[PDB]
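The structure to be discussed contains bortezomib (bound form).
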Amino acid sequence: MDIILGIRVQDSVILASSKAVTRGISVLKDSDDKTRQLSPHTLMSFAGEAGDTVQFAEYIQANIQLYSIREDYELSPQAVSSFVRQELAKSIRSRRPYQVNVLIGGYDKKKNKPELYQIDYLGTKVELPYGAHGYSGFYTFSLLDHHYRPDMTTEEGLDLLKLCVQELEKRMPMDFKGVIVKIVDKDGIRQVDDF
Amino acid sequence: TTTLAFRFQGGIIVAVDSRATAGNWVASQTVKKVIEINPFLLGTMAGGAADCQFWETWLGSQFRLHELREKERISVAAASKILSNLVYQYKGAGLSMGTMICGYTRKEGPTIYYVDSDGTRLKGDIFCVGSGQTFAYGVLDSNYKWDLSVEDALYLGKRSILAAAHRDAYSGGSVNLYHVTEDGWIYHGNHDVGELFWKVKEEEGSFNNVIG
Amino acid sequence: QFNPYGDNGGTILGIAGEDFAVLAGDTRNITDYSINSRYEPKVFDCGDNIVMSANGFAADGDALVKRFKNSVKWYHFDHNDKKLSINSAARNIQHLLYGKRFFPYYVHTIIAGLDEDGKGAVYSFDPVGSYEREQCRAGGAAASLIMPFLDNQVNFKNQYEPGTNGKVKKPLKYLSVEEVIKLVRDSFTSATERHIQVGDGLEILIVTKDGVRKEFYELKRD
Amino acid sequence: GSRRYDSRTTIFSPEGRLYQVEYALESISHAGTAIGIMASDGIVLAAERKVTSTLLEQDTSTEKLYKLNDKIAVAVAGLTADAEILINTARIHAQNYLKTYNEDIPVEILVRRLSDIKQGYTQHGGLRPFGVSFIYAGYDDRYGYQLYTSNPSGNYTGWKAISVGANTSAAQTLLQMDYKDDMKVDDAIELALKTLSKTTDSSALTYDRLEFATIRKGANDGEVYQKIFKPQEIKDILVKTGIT
Amino acid sequence: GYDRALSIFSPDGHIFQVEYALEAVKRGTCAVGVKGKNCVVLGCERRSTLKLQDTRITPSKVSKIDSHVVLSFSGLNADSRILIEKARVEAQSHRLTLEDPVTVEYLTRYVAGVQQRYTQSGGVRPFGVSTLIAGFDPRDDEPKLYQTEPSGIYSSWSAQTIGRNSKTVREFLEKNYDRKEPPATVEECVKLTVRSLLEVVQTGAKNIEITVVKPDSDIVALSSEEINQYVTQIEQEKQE
Amino acid sequence: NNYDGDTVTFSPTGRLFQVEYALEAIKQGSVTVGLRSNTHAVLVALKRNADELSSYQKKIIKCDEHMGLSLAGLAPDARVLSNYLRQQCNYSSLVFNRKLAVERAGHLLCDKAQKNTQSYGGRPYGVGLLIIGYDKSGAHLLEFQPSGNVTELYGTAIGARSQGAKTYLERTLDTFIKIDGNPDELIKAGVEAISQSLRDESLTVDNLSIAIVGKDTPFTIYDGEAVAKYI
Amino acid sequence: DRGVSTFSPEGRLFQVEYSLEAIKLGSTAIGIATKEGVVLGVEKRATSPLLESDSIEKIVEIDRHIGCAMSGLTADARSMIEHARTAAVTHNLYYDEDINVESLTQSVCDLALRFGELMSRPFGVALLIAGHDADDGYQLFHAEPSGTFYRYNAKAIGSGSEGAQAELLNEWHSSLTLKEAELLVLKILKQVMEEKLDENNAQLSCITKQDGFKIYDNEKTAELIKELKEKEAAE
Amino acid sequence: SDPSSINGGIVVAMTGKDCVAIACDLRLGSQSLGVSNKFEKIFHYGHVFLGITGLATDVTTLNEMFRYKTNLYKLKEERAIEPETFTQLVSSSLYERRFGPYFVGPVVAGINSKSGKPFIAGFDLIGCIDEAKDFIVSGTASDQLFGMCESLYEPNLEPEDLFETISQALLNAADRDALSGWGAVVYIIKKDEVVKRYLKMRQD
Amino acid sequence: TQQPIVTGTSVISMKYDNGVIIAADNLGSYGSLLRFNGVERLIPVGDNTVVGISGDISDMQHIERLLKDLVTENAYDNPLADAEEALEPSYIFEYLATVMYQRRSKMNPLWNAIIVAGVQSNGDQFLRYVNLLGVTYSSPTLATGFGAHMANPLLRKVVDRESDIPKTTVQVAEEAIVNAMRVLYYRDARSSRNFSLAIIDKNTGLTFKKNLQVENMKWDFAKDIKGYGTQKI
Ligand SMILES: *[B]([O])([O])[C]([C][C]([C])[C])[N]C(=O)[C]([C]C1=[C][C]=[C][C]=[C]1)[N]C(=O)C1=[C]N=[C][C]=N1
Ligand SMILES: [Mg+2]
């Protein structure tokens, strides 16, 4: 799929992901949620080749949910991100590699800190204050470089995110039919229904 | 090919064309592009004729085994995912499939899944699949409402295929209609485009471009 | 580089009647611009009142017919000499074809016979196994020449009744076995004239409740 | 054929016991006593070497205490060779977990993995079980300081204080008497040595017949240190506690 | 590979290895299951031969297979971990393919199928474990309680017990449990479960574990003090 | 005694007891007869029922248009061996466009049964077979034993009380061999031969089972009212 | 010890003969075939009153036109049923038709002797397979762990089998109605059962051409039990 | 397309009097897009330091791999691995993927704890060892680094002087490469102390 | 997949009233180089069949060994190996046809075109073709490679359909074959003058003729041909 964004503020991580699904010449759907909850305090958004994206995301989801049940314990965002990176780093030298890029947004309940990880299909992981995949970063990183402040509130983060989406809607050729926004904090994961 | 399916008050409408081509050569005008998987599930066919037939027929065998094992009707979600997981195993090998899996259960309500040989699986209210999908979308999007009568919904589906049959060179032949309700699907006849076009033109006052 | 496929030409035709069915095919076999044989049978009696032909690449065509004939034999062994119905034979052939989806039998398959109500039946396949029951089907090299003629003269397409001018269609009256054989012969005579890979001879297999009969007719040898 | 000579190592007795597991436990009861005591500020591991010689090079010797990683250690009781096969497997599992999740393996997860391997040898494969019982002493940030034990059956349990090998019955009674919940490491060191001193089959308990180790948060600020005691350091702690 | 047929028939038509696996279950600590009108309770025995134990970290007797289904057992502890692991994996696999969590009957049928497979496979012995599987089907308020055993047979129970002295507690339940009117509340159901264990346990201190499962993935384990209050109230009524 | 635990063990007198025990299973089975002339070859089989409510177990199996057999002993083992013959008959037809010779069919069965007698873990086959067929050298009749021994004969019988039918054929040898171009009379002789093995029970309409193959006669099986003619 | 595929001096496979003894210990199952349909009935035999009896599943659907009842070590039947269902559905996929009852039975029986040192032992359960097809009509088969199967007009397996079979010998004729057959199964089950027969400890089922395979409700069976009691008291 | 120059980056190492130095830039990119300015390329296992350039997924994978292997080494050997031994371990590990190699350019640096002798080494993507006396270079600006080191370097430099030389070598090489820069780190290594310094550089 | 290296050209054949005739030259070419001049490409099987092979010679020699091994295998446990259960032409052909199609189906073909000529037990004439693709066909006249283009036309003038077979004697048939071999020598750049011929008659059996030459060639008219158009000298 197309555009996926992420930003880490003072006390939360905010992920924004486009709603459009285009197969060829027509937009088959304009309300698609390009994300899966891996655990109560960890969310993963994804974008890449058709089919591979969902198949990979649900495969990861199943594995983390299996771990949660077995140990009766939630893995840290850092631990989940490392598991995901290894699966992609294994994948890249396979017969048919997973063609999927992801953002992992989670709140570490031990350290009481939000964390955002960016991982591409090769298995290239980086921890960031704000990140993006595909052509999204080409427009948005300049704005975030200017405005972001580490100690921003969640409301300030959403306003800075609106400024990013507005720029994308102005300068990107593809109509991505807006974005679904989700917040990850100490209380868990919730969706902003009006954006 | 033009195939469509949409959710509404009275359940689901499914409508398909009948044409099959090899290059510019019209191979068949009488193709059955709707598969009767069971009395409650329908599958549409677009892309490779063999791929779609074989695997959607196979598909009914897996569902029959599910309800034998679980003593319960299979869900449309589980149904569509069996197909999507299967084609994902063959990804890269060159399968060519564009399909809707349509049905109705107590727990789900009327449900439509778009399933694709790339592995794409999408739930949704309206879908159009095939070479003439864009033509059908035009008619649907401008006339669709949730509050449609079974009679009016059937006609909208019929009319949308007709639109695409006219303009798309690789669509045509005839229109097969199905209506999916609480108590299963109901076939609503084969409609030859050669007769349907002139009938619709006269009664509806449309296609003023064409001479008749 | 080695090319595992070839083209042996030929053309086949199946027509379903009210209580009978025919499957015809020319007897010419070719490669490029040479004739291999002027009489190489292409339509086969496979048992259980079923006739079959797999037109295109003859090596794949012979292999498939051979494997289906085999399937009929094992159907009798495994299910107490039960007669293999035409619809069951069709589904079985789909699985034979799709079994080689990623290295296909390069043929256009047609089978003919009677259904379980005694009515005439013809089934048609693509190379990778898709199939459909039909009243009429031509396959192979000259299929594009013959099918339109059959749409017109078997299903009375684009034909209406005099005096009404396009309002009332020509009624779809049934065709006798003598009437069908006339249409088959004319179809192949016409195809022979305009297609270089069609000629030499015409062999027709007729299927009725009484069994399987054969008829042979000469075609132009140029 | 070959059936004639098969001992059938993975079957039940009429009473519903596993012959080979029971017999392997009998083997372990003759091995040198190993003790583990868990305190609020650390864990102690003490163990007795079996009838040594004056010509045994002690300072380069290791038969009882083994390091699995920086946070986890084990005390062995049974066949040393069997234990080393398992120890190397456990060392690898810990490194696999660290590579996958980029975090040190929790103690219980490592224990469960080794215990599951032992179980496999009792249910399938027709091979004899490992004649080994472990005491796991480790630390992680979930449960803190932890003591576990596993045996050839593949069953494992958690402990505040525990013994394996010879004279466990006598040893466990003594530990049950003097152990308290608010205990500290220095006290636990003394308890471990006093218990061995009373349960030992030898005439006297000396530095050359012991292996000793501590896992302390007694490391500069929030972190954990493993200390495998040297011969001279065991000699000093024996004088300090007043045993020699 | 080791292919030896360990589970085989005998002249009188018995598979002794499967029957001896049941003897291992008889040795195991007692486990009990009771279903009320809107709940199921799982009680378990802890033998007090083992003190100086660390109850924080010691493996608990009741295991969550998913957020809505639990599994307790009687028999070999090491063997139970293998069944629990397989069950937990199959639970996630079902969610992944069918997009719906397992029914309690399905999960039981799977675990029972594994147990059966080990009674006619070469080179393996049967599991020395019987299980009690309890929970609520997705979007369903009807309580579910199933039992499995080494042979692989399974069935549903209004109330059931397994393990050592299970013959006694089954006797208690058969006279005390009424089908026309089951334990209406959580309190009544827990009380009946603790009562049944008190017929066998010894001391009501740290020897009884209780786990209550309610609809919609509502599972909680009672503490020592909470259980001790049930133990106190039962005996004070008994003094009469 | 001590040398009958498995098939991999000779006894001190050079006997294979597991093979001999398998041979015993055939003697417990119901009687079946085989005979031939120069033009035709016939199988006659007495079918056995469990009780009055039950059906009569089928004894004859078709292998090809020109070949088939009758069984006596473990029926599943006959299904395995007849399946193997079907495949070998079929391999010969597909590859060589050649109907498999009856003699070569016997050689293949012999070699298949042998491997089961020399290897540990496996077991011998517990069934005896009577194979009839018409090939390029005329009519044939074979007798298969699970020891591996296969024998070509004019006539024979296997199963319980088979010695009576075998003696009758030994007397009638000169008569029935001459029955050429007359199928009904050759069957009559087969029905009269199997009758010498009957006690208490007689040949009824659902008891008897006959099969024939010949010069211009494909392998066909007769059951039910089709054999009432010969009762 | 000794081989698993060993022959006895009488020419029988030890393990197969021993599995038959396990089947004799199992609960009773009866089948009767008529021109109007085939009836299948079983004894549930709950080990305790606390066991919810409706969860005891000893009558099972294989396809719409084939049903199955079991007796013996019933856990062993699960993989046999799974194979049977797979075979039935697979044949429909390959041939676009229902599979013959005999061909289905033969497929199940092929598993029987696949044991050695494949599975480690034979099955410890017998099956009654009942169904209908267009060629041979209404049929009832008895599938053993030996690999052998017999067709039957009527048949009883399990602990009360020889007593029940003798009763079926006298009662069965070729003009039996379906209603007569239902009552006849209930009559014979009541005769051989330890506990008193009711709708909770006994289960009926049938297979007809029209309606296919159906397991009877407890309310429907209860009426047939009451109808039986009255007609026995009538003379 | 070329795996070794998708992400970009550089590493350089030098020897001095009783000391060694290893340094790297901080950039990680997706071709022209700069993604991260905190991607360090130098890791250490005990007193042995390893710098890795090239495809970033392999940089991370190999770090995790050599952590795995050096930890098992330490448990069995009961001592920390030395630079000479570790060098051989890297060569072995890379060559086992001869025909499916990790797209990297590793660099080893450290002081032998027994002999006290300063040691550096470089490798190609498939294992070949370059054991230079003076200096080692790696990454997308290796040409630039070769030029800087060859002119600026002299033998037997004191630790604080060696810092200036290696820092200027990296900085000026990075500023002539589009895929290198965005920060820099320098490790100064003596027998029993190690100082880590982050450098201020142009952020384009 | 491979390329053919050492190659053999046309094999020609026809039916006549009492049997079949087949022929092929004795050359093994290495591209344009006429490398090997003594190569036998007709290989008899028993006294009732002759297999003529064209294309890759290494593959021919492999096929030759398969046929040699087929005769050995048929004799095993076969008292009627020289009588009723002897190898028929139809059996030998079907075996080859099976192998050829299997090898093409593994993308590793035997690079040949083969003609099996013979007489059956009942006296019937057998003549059928098979090649690297596994394609098979039968006809009163059959030829491979250049023979297909040049020999068949000539041979079809003698036997045009089935009804012309009884009317064709062995003398007339051999004459036509020998003439066709001469025409191929005139016009095929990878042919030789030396060739082998085989007759299989239902009465007189198998006659195998070696070291035959093309004779009665017309070349004298060449002396009158000068230049390419306008030249006179
Ligand atoms: B439709 O156009 O997708 C149609 C649906 C199919 C199920 C009959 N497909 C075809 O007609 C395809 C060709 C094609 C046309 C346009 C888009 C994609 C594909 N034809 C066949 O698959 C086919 C099968 N047998 C014979 C001839 N053609
Ligand atoms: Mg022509």
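Letters A, B, ... are given to chains in the order of the sequence lines, protein chains preceding strands, and every chain is numbered from 1. Heads up, header says this was done by X-ray crystallography, 2.9 Å. When a ligand or atom number is given, it counts from 1 through the structure's own listing order. Portion of entry displayed, and contacts counted within that portion, nowhere else.
All instances of bortezomib (bound form) are found at ligand 1. Of all chains here, the one making more contacts with bortezomib (bound form, ligand 1) than any other appears in UniProt as Proteasome subunit beta type-5. Other chains with any heavy atom closer than 4.0 Å to bortezomib (bound form, ligand 1): B, C. The residue in chain B annotated by UniProt as active site that sits nearest to bortezomib (bound form, ligand 1), with heavy-atom distance to 1 Å, is B:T1, 1 Å.
As recorded in the PDB, the organism behind chain B is Saccharomyces cerevisiae. This deposit refers to chain C as Proteasome subunit beta type-6. Of the residues UniProt lists as binding bortezomib in chain B, a heavy atom under 4.0 Å from bortezomib (bound form, ligand 1) is found for B:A49. In this PDB entry, a covalent bond connects bortezomib (bound form, ligand 1) with B:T1 OG1. Heavy-atom contacts of bortezomib (bound form, ligand 1) within 4.0 Å involve B:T1, B:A20, B:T21, B:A27, B:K33, B:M45, B:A46, B:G47, B:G48, B:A49, B:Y170, C:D126.
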